[PDB]
**Q** 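Structure: Neuraminidase in complex with zanamivir.
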Number of protein chains: 4
Amino acid sequence: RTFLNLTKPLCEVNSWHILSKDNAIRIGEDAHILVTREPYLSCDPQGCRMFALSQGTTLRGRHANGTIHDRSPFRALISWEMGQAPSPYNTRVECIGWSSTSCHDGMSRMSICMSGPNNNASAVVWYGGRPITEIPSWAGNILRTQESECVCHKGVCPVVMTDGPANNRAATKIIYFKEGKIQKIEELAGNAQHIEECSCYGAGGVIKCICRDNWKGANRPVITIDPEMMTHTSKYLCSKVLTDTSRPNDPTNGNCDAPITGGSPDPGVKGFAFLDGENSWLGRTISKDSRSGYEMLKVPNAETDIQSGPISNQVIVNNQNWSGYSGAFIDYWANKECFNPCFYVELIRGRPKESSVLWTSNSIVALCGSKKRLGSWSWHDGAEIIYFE
Amino acid sequence: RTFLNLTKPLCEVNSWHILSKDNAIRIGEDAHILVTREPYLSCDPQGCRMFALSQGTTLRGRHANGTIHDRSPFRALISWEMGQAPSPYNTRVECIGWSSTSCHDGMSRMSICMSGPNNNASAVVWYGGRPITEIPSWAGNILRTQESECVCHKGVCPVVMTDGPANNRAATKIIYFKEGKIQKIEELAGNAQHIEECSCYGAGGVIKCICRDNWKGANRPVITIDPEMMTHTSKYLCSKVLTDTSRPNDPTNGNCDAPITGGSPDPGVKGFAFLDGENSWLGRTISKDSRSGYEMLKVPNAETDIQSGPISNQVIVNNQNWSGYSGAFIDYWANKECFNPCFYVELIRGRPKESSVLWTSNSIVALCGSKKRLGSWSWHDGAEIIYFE
Amino acid sequence: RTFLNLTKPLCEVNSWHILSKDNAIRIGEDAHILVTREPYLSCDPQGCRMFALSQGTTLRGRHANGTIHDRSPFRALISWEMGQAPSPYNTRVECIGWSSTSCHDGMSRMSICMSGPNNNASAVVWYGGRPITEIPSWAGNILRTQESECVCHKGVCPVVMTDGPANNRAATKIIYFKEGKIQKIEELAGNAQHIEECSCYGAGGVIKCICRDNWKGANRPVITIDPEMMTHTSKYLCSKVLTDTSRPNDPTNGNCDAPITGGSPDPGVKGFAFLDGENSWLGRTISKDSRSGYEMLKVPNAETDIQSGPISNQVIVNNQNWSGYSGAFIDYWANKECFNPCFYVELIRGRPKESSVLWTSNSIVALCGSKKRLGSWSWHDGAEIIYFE
Amino acid sequence: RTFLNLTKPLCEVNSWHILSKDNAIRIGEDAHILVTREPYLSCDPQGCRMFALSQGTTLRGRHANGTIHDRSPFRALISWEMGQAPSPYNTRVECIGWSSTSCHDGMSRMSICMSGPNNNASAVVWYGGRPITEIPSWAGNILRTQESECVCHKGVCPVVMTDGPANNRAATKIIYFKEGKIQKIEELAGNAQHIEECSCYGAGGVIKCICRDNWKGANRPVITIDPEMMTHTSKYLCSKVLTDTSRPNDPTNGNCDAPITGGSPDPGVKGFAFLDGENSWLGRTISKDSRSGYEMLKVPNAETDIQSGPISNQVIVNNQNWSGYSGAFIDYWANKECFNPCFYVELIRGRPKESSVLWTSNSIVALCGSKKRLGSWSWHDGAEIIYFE
Ligand SMILES: *[C@@H]1O[C@H](CO)C(O[C@@H]2O[C@H](CO)[C@@H](O[C@@H]3O[C@H](CO[C@H]4O[C@H](CO)[C@@H](O)[C@H](O[C@H]5O[C@H](CO)[C@@H](O)[C@H](O)[C@@H]5O)[C@@H]4O)[C@@H](O)[C@H](O)[C@@H]3O)[C@H](O)[C@H]2NC(C)=O)[C@H](O)[C@H]1NC(C)=O
Ligand SMILES: *[C@@H]1O[C@H](CO)C(O[C@@H]2O[C@H](CO)C(O)[C@H](O)[C@H]2NC(C)=O)[C@H](O)[C@H]1NC(C)=O
Ligand SMILES: *[C@H]1O[C@H](CO)C(O[C@@H]2O[C@H](CO)C(O)[C@H](O)[C@H]2NC(C)=O)[C@H](O)[C@H]1NC(C)=O
Ligand SMILES: CC(=O)N[C@@H]1[C@@H](NC(=N)N)C=C(C(=O)O)O[C@H]1C(O)C(O)CO
Ligand SMILES: CC(=O)N[C@@H]1[C@@H](NC(=N)N)C=C(C(=O)O)O[C@H]1C(O)C(O)CO
Ligand SMILES: CC(=O)N[C@@H]1[C@@H](NC(=N)N)C=C(C(=O)O)O[C@H]1C(O)C(O)CO
Ligand SMILES: CC(=O)N[C@@H]1[C@@H](NC(=N)N)C=C(C(=O)O)O[C@H]1C(O)C(O)CO
Ligand SMILES: CC(=O)N[C@H]1[C@H]([C@H](O)[C@H](O)CO)OC(C(=O)O)=C[C@@H]1NC(=N)N
Ligand SMILES: CC(=O)N[C@H]1[C@H]([C@H](O)[C@H](O)CO)OC(C(=O)O)=C[C@@H]1NC(=N)N
Ligand SMILES: CC(=O)N[C@H]1[C@H]([C@H](O)[C@H](O)CO)OC(C(=O)O)=C[C@@H]1NC(=N)N
Ligand SMILES: CC(=O)N[C@H]1[C@H]([C@H](O)[C@H](O)CO)OC(C(=O)O)=C[C@@H]1NC(=N)N
Ligand SMILES: *[C@@H]1O[C@H](CO)C(O)[C@H](O)[C@H]1NC(C)=O
Ligand SMILES: *[C@@H]1O[C@H](CO)[C@@H](O)[C@H](O)[C@H]1NC(C)=O
Ligand SMILES: [Ca+2]
Ligand SMILES: [Ca+2]
Ligand SMILES: [Ca+2]
Ligand SMILES: [Ca+2]
């Protein structure tokens, strides 16, 4: 074992192949499947695992009642073998909390959870399954982080965190970790005006994080991080193809340097994009209003050209089905000459959209890049809400 | 440590001993057992494992309703320790799809799943637990493969695949894989007119695949593969003993080079044979019409002799019980001077044969050869359907 | 790793400490616990495991109905980590059948199961978890074995098997195994008139088997095996303290060379003794009629002296509670200068004795020698049968 | 792997961070969770596990009825991976009994359990998963031990055990183990008048145990053990800050050398403190009468100064929520220059306090120190009792 470095280029991607699906809600109708939300995947030299925020109750359990609620002393980050559903019998507790990130540096995994009350939350940073570092809230307002994997280079792993209003200017820091210990802290710099829930991946010695501006913008902020100089810049996706949820119709021109406003009724959702000049893909919900459907759109020069639009699409979840959060990960230990993009989509069931049940949970689907021109179908959740009534 | 070489000859077989039985439906009446179909086993240097295509639901779950249906986005190939029943707690997800194959090359396991819509399925080829290769559909008609184990020699693992009509001429390929990467693709050549669901094994550097002609033959096609040369031939099993389901009565002579047609109402079932001159055995369901009973027939020179008939028979499942698919496997890593034949029978319960239940699923029995003359009995599923009403 | 050699003497025993208890019926009332019977324990260099004959159903399952029945195609030898209850999620299938034995030789574990119809049963012998040898029925009447562990010395593992009447003269053999292969077969010789269900242990290069005579004696037969020469003798336990169940009052004298008859209503139960001069301990059910209670009795020279009586006693299960089978095992790999005797008692719940339920199952308790004078209480099952009604 | 040596000082602690929370009652409402009480945590070179005394029945099981009872043949010490709820499917059985301690010495784990009747209990001492030693009751009155982890130094693991009255002068011993073998046995010396349920840690070659006086004191006895010399002293914690439950209001002065009487209705609860000069912290329930709430109090010189009061506080469980036992553990194998203090709180649910249910159980929370000033919230159990009615 060695520290991962990020000096390979991104792979060429012409379509997306099915990597994994857990069918958690279908299985959780009967077997003992934990209630969750904010899932993702993360890899290490050995393979890949699913991660999510448990609600500290099973789906059929009476305590599922009220699981719409975001933050409780009963939530923890759990991980498990990619593909299986999360039960109390197959899940590792990574840390305790209601907001998380995790990543493997080539040697060991670092996992980070926030917990506590809204005015007094704290992060505990674990490395090798051991607690290393604690960080108190600096702004006293729901200290929080990515909800998807971080990225490490040469032992250095940056993590974007935010503390402050959901609906106004907040205080975002980039913290640089090595073996769970803080190497540097940096205030957000650049033109991104609001930063939440960054989806991050590395390629070519650089880490790109594509985020949620929950304040004003229906276009997504992008933070470029040098993990060697331990510095960063920020701005917005240039493309007119707007990828936040609640968004207006796509304008004729996007805006590299300011939030483009509009959309009703939701201020944001976690999302992602891979930005590689011509080899660029943007994900989004199919609905402009709601967390339903999911589509991948190849938009050459999305990161630099305000006029860029799709040259190809793939429907991942059709617009008759609920989606939710979406984020980036890559298996950096694959036996290839390039880093192949992968993404997951969180498939939210129950409240608020389906309120014939008392709970909110989700399942997971995950896909990676193919150089081939693969056919596709919808990878929706597939559970019958009527079975839970 | 090393690549499996197919050097050894086949062991003499005079009868069949019990290897494993999972009792999955009996257990699944209570415990949390996954709905499945299309099982098989496969071994590696450490031991044997059971495989099946999950339906993404447990047997007692309400989602088990409608599981007669073959293809959905909720199926995946799962594997588990031989003899246990498949639950969400003890299963490994090998890949995502509704047709599969799997084998170990002596170093690592290759696993292959097709998924996607009928007019646009794709294969994802997995090696050592990672996705290596994707293959688009070549004929836009349910790209599909073996549904039992492949076989490797010096790192080369041939896989037989088909795309095209179930009731007409289709497009079959032999794909030769080494570490999940395509070394060669051949089009099917020879006298087999239709090819599905091949059951394969190796001995003395030759791989034989005994398959299902869903188009015409109640005789089974036989593909013979040289994995060094990476070439094949194809024809039909010569014996007058027909082993497909829905077959007519055995004629006076079989045909080596052309289908023996007939029988009603079903076109085919996956089956297998071991072919080694004198030491040749054929499995078939006992009913010539439906998937019930299972028998093993020692049919000397089945592969060469149009007049060859049984000189012994072992009842595996009595004709009062449901069977289903059957397939070949060998423990190539046995401490033995020969490769001993083994097989499984899938014990299908529920629909369409038992319509008092809303689901279709199965359990597994597995047996291997013995030089001795062993007594026997029926190894039927053993669940009571009245319990599920 | 090296072959186990039986070079240590038995440790001195003056009472019995608790080793394990799985509370399988209490736990199986809600959790998913397999119906079992004929349990035992067996150790290897890494530790000890619990073993039993599963009925291929869980205890609360509808298929638990009819589990009084001894032989079916749905039974398998299962082993799990000592002190756990056996559920579908934690048990390894050792082999398939309804009579077993198992032992580790210092390198790998050998397991043996019989399956088949009464007149045509067979043994399959496994070594390192792979099948090695098959042995067909020699007398066409329920080929059967120890139902507790076998013992090895320099890789030679003898096994006692019987084929023939339960109620009359049968054909017993002693089979000498090494790595699953048969080295010698001997027919039973000496004074034991009937042999079943041998509980065997080794100390100082000699193996002793304490068996069940189902035909005549309420005294237990004793086979002495030389694992090196591969020869044996047999007679009866000399002591007047009668240990089989159904048995009459203890007579004034025992008989070394012939059975002591009487008792009602039942012909026999599996049981055991440690036999070592002054250091001799006889288990038996407290009740002389039924399978209730269990007591240990120190009877010096029980083996050789027809007049030997108890000098102390420890109640293991009180006579108000159900017992069942009992048997010998030792951790031959403990860091001790002697081999310390252990035993278990099968704690049978349900039919025939408790007919308010439709099933038969058991739980387990295991205790080992102490050189100390330990207090004791009853280790009865502890499930409340009314919960199951 | 070598013997752990208590060579490092205790870390500076200013605040407590969340380590783990198993949410076992919430999860056990549906999923098959073992009823437990008397939990703790213990670490080894590889990670930390949770430990509890199981009741040999699951939480929703009908046998949960009556689990208020402290002692039965159906209890066992179980260990599981930290963060998980204890189920039949993920727990190791450490030993059998109703009182326990456990600790790892850097090489292997020693685990000790007492079982038996009140007047004839015995301890079994286990090492590396094998039983090594047995200790009979010396006073015929419920031989019993710490209910939390022991501590080892150069292979020598002291354990505090008591035998004799709960409400009068009892007979306490300090037993020094090495690889499960007795090195030395001392009778309690010093001014502690009654000793139960010691919580022990190590720093700079010294072991401190903060115990429970069930007889007269609302202050806590403290034993200071030299593991190299194998000698101890005892007294009471000096501070006016009384930390047993039932206690009176805190007095003007404490008492280092005699119990301080008073409080109602409870004679005692298991508790803990870390004593390190200015860096000293005392746990106690928030309620003086009852096992509700839990608070950490930084009391400089608590160990030497009768007038020492709190300089800071952390609410661990609010006084509207039930707590229970509490105890000390340290990850001695952390990659840190100091030994960092951790503790758990047993969060008791059911009887006697909540008698709309027929059972008594608990969940667990654990926390470790921080040099930081971190915010906090209440880590209550989180289950709704109405759901179990
Ligand atoms: C966010 O959480 C952070 C944690 O870093 C906050 O910080 C804590 O802040 C407090 C000041 O607000 C701390 O307080 C002080 O306590 C010491 C000693 O306290 C104990 O002893 C005295 C005398 O015996 C009692 O009167 C105290 O009674 C308070 O605490 C107990 C719980 O133990 C509670 O049950 C009582 O009702 C009562 O509120 C107590 O037992 C005093 O000498 C001092 O004057 C002051 O009160 C605390 O030390 C500090 N903790 C840590 C850890 O840093 C902050 O409060 C939170 N911020 C926000 C915005 O909420
Ligand atoms: C980046 O990480 C790679 C992958 O390990 C790396 O390593 C190799 O490069 C050297 C020469 O520079 C070799 O000759 C090795 O054969 C290569 N090793 C492997 C395992 O592929 C780079 O050195 C790392 N670069 C930096 C800047 O850290
Ligand atoms: C506690 O239990 C132990 C063990 O059973 C015990 O010892 C036995 O004593 C009785 C009566 O004196 C006997 O006759 C047995 O032979 C003794 N057995 C052993 C194994 O030593 C004590 O009697 C019991 N002590 C108390 C106080 O009950
Ligand atoms: C799963 C589902 O029913 N999805 C609806 C979808 N359906 C179709 N286009 N058919 C259309 C939208 C939408 O674009 O508004 O999103 C959904 C919707 O109605 C809302 O979000 C409003 O609450
Ligand atoms: C399991 C079972 O009972 N199977 C039936 C079998 N049974 C007996 N011969 N007992 C008889 C036949 C048959 O004669 O065609 O095949 C089976 C059949 O499918 C049908 O009869 C019609 O569905
Ligand atoms: C567990 C239990 O209650 N067992 C009964 C037992 N009970 C008591 N001694 N209390 C009495 C005896 C006996 O000693 O013969 O045997 C048992 C019995 O059922 C029968 O004898 C009739 O079949
Ligand atoms: C968890 C809970 O409700 N606990 C009660 C709590 N008070 C309140 N939460 N209101 C505080 C006390 C107390 O300080 O004595 O008393 C507790 C109590 O109910 C009893 O002692 C009854 O025996
Ligand atoms: C820390 C936290 O509670 N984050 C919230 C997050 C959120 O409120 C915002 O992004 C607004 O600031 O939104 C959502 C969401 O569904 O929009 C889920 C997250 N839930 C959890 N991570 N548990
Ligand atoms: C890919 C696919 O759906 N294959 C079918 C297969 C089939 O339809 C034919 O062979 C005719 O083309 O038949 C059966 C069958 O039971 O006959 C099950 C297989 N199901 C699954 N593999 N999932
Ligand atoms: C092979 C077989 O069925 N053995 C029987 C055994 C028995 O019948 C005799 O000893 C008489 O010959 O009795 C019992 C018994 O409880 O008496 C259980 C065993 N059950 C099982 N091993 N499965
Ligand atoms: C051996 C035993 O039963 N110990 C009791 C203990 C106790 O009774 C006393 O400390 C008085 O001596 O109190 C408690 C308690 O909740 O107070 C739990 C323990 N229960 C168990 N450890 N099982
Ligand atoms: C769900 O939770 C609600 C608010 O806490 C409530 O009061 C309701 O009764 C409860 N419902 C069920 C069915 O548990
Ligand atoms: C509770 O246990 C007691 C003691 O045996 C009892 O009798 C009662 O019926 C049990 N209650 C239930 C609901 O089982
Ligand atoms: Ca937005
Ligand atoms: Ca056909
Ligand atoms: Ca008898
Ligand atoms: Ca007290």
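Chain naming here is simple, since letters A, B, ... match the order of the sequence lines and numbering starts at 1 in each. Counting starts at 1 for both ligands and their atoms, in listed order. All values below come from the heavy atoms of this structure, side chains included, with hydrogens, waters and symmetry mates left out.
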**Q** Where in this structure can zanamivir be found, counting every copy?
**A** ligands 4, 5, 6, 7, 8, 9, 10 and 11
**Q** So, around zanamivir (ligand 10), which other chains have a heavy atom under 4.0 Å away?
**A** C
**Q** What residues, by chain and number, sit within 4.0 Å of zanamivir (ligand 10) when only non-hydrogen atoms are counted?
**A**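 The binding site of zanamivir (ligand 10) (heavy atoms) is C/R37, C/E38, C/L53, C/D70, C/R71, C/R75, C/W98, C/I142, C/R144, C/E147, C/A166, C/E196, C/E197, C/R212, C/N214, C/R291, C/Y325.
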**Q** Below 4.0 angstrom from a heavy atom of C/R75, which zanamivir (ligand 10) atoms are there? Numbered from 1 as shown, please.
**A** 23 (N)
**Q** Any protein heavy atom under 4.0 Å from atom 22 (N) of zanamivir (ligand 10)?
**A** yes
**Q** Determine from the entry whether a covalent bond links zanamivir (ligand 10) to a chain, and give the residue and atom if so.
**A** none
**Q** Less than 3.5 Å between some nitrogen or oxygen of C/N214 and one of zanamivir (ligand 10), yes or no?
**A**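 The answer is no, given that C/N214 and zanamivir (ligand 10) share no N or O pair closer than 3.5 Å.
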**Q** Under a 4.0 angstrom heavy-atom cut-off, which atoms of zanamivir (ligand 10) come close to C/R37?
**A**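 Those atoms are 15 (C), 16 (O), 18 (C).
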**Q** Does zanamivir (ligand 10) approach any residue of chain C that UniProt lists for substrate binding closer than 4.0 Å (heavy atoms), and which?
**A**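 Per UniProt, the ones with a heavy atom under 4.0 Å: C/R37, C/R71, C/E196, C/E197, C/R212, C/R291.
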